[PDB]
Amino acid sequence: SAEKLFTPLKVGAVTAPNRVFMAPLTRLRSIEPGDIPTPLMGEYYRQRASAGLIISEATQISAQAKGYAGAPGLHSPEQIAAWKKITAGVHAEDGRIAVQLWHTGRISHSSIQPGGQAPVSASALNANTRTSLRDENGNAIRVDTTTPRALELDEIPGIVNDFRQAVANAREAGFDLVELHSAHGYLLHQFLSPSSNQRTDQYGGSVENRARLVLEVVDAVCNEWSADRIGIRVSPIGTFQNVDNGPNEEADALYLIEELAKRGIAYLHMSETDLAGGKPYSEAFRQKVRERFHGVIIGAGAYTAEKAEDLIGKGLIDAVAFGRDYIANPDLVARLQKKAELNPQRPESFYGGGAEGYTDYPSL
Ligand SMILES: Cc1cc2nc3c(=O)[nH]c(=O)nc-3n(C[C@H](O)[C@H](O)[C@H](O)COP(=O)(O)O)c2cc1C
Ligand SMILES: CC(=O)[C@H]1CC[C@H]2[C@@H]3CCC4=CC(=O)CC[C@]4(C)[C@H]3CC[C@]12C
């Protein structure tokens, strides 16, 4: 019955009854205008409430933070009230839910920015990737990213404050935890990576400078709420949507994790590979990470149940977040526990659209 995946784990302020977590999954089904979570999104999360922990789809800390049409926010009264219904649904089913908070920075498009203006980043370099907009019929469509404007020095306190306010908002909205999105090429990662950061002020150059913004954010949100409410997702090894981690990625990663550990936060979520591939982590590196962080460590990235049991049993990580298996299997915990087959995935309905391919996938 898989030896440890179905055992409890204390995760900061809450207790997970198992180690099968639901990874954050952008599904781009919110209401526009307003970027408002929907009853349908509430149903989808409720279906998945047996997860050890649900991590929400990435959610905007501000309107500026928006980079995808259909991604929800957590900055407006309308958004807060909608999220309250979703977390109540999950709690009604005895689940736990964390909100993943992002600023997309240069992975964005001017047509969805305030005033229709260019999006912001550490430097004025195009992301050279695609984001998702909606066409005149409300259907998801790919679009090249807009070239960003470099944040001015005196704009950085505002960014930190947006993260702080969004965490305040998450508390009022009834989330159990927050997850800072410091991975996959979005704004915090844009500062972290030399490839996307050519600043010559104290937010660029050395690893200390590059990690300055994310650590400022971590301190602000710990002070706003509590360290045992804060998780962070990083992707510090490999390349993610054209953003790599520099020529000293392993040393820089360990620096960051040591700094994070100083804040005593609830967890560290390691996204190990991009959807395209990535070189696998070495056991030695996992050991170096493990010895530097004293909260929960969550592993993610094309994990199998077997891999998750291997590494939890090795004491290298405490939980695993599954993404696409959770899209297709609301009761993934029960399936894994019973070694039942999984529903087939339907990737064409991962983004945008409605119930089909969303609340679609049956339970046992
Ligand atoms: C449709 C889709 C949406 C995603 N959305 C997010 C997101 O909002 N935040 C994030 O950190 N990662 C995101 N990802 C990465 C997932 O959280 C997960 O780390 C990659 O799915 C995990 O692997 P697996 O799906 O093979 O289990 C997404 C991946 C897919 C396929
Ligand atoms: C190349 C393309 O279609 C884009 C449009 C939507 C984007 C996905 C949007 C959600 C997302 C958030 C993440 O944190 C990891 C990258 C992903 C998973 C994105 C990868 C690139 C995709 C799939």
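Since chain A takes its numbers from the PDB entry, the residues it shows come out as 1-364. We use all heavy atoms of the structure for the numbers below, so side chains are in, but hydrogens, waters and symmetry mates are not. Read the numbers this way: they start at 1 and go in the same order the structure lists the ligands and their atoms.
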At ligand 2, which of acetohexamide, althiazide, progesterone, ciprofloxacin do we find?
progesterone
List the macromolecule sharing the largest contact count with progesterone, named according to the PDB entry.
pentaerythritol tetranitrate reductase
Find all residues with any heavy atom less than 4.0 Å from an atom of progesterone.
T26, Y68, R142, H181, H184, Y186, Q241, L275, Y351
Students should be able to answer this: which protein heavy-atom is nearest to atom 15 (C) of progesterone, and at what distance?
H184 ND1, 3.3 Å
Right, does atom 1 (C) of progesterone have protein non-hydrogen atoms nearer than 4.0 Å?
no
What atoms of progesterone come within less than 4.0 Å of a heavy atom belonging to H181?
14 (O)
What is the organism of origin for chain A, per the PDB?
Enterobacter cloacae
For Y186, the progesterone atoms whose distance to one of its heavy atoms is below 4.0 Å
11 (C), 12 (C), 13 (C), 14 (O), 16 (C)
Students should be able to answer this: which protein heavy-atom is nearest to atom 4 (C) of progesterone, and at what distance?
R130 O, 4.2 Å
Nearest protein heavy-atom contact for atom 19 (C) of progesterone: which residue, which atom, what distance?
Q241 OE1, 4.0 Å
Sub-4.0 Å protein heavy atom near atom 22 (C) of progesterone:
no
Can you tell me which residue and heavy atom of the protein come closest to atom 8 (C) of progesterone, and the distance to 0.1 Å?
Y351 OH, 3.5 Å
Going by the order shown, which atoms of progesterone are within less than 4.0 Å of some heavy atom of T26?
10 (C)
What protein heavy atom is closest to atom 6 (C) of progesterone, reported as residue, atom name and distance in Å?
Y68 CE2, 3.9 Å
Tell me which protein heavy atom sits closest to atom 5 (C) of progesterone, plus the residue, atom name and distance to 0.1 Å.
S132 CB, 4.3 Å
What protein heavy atom sits nearest atom 3 (O) of progesterone, and how far off is it?
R142 CD, 3.4 Å
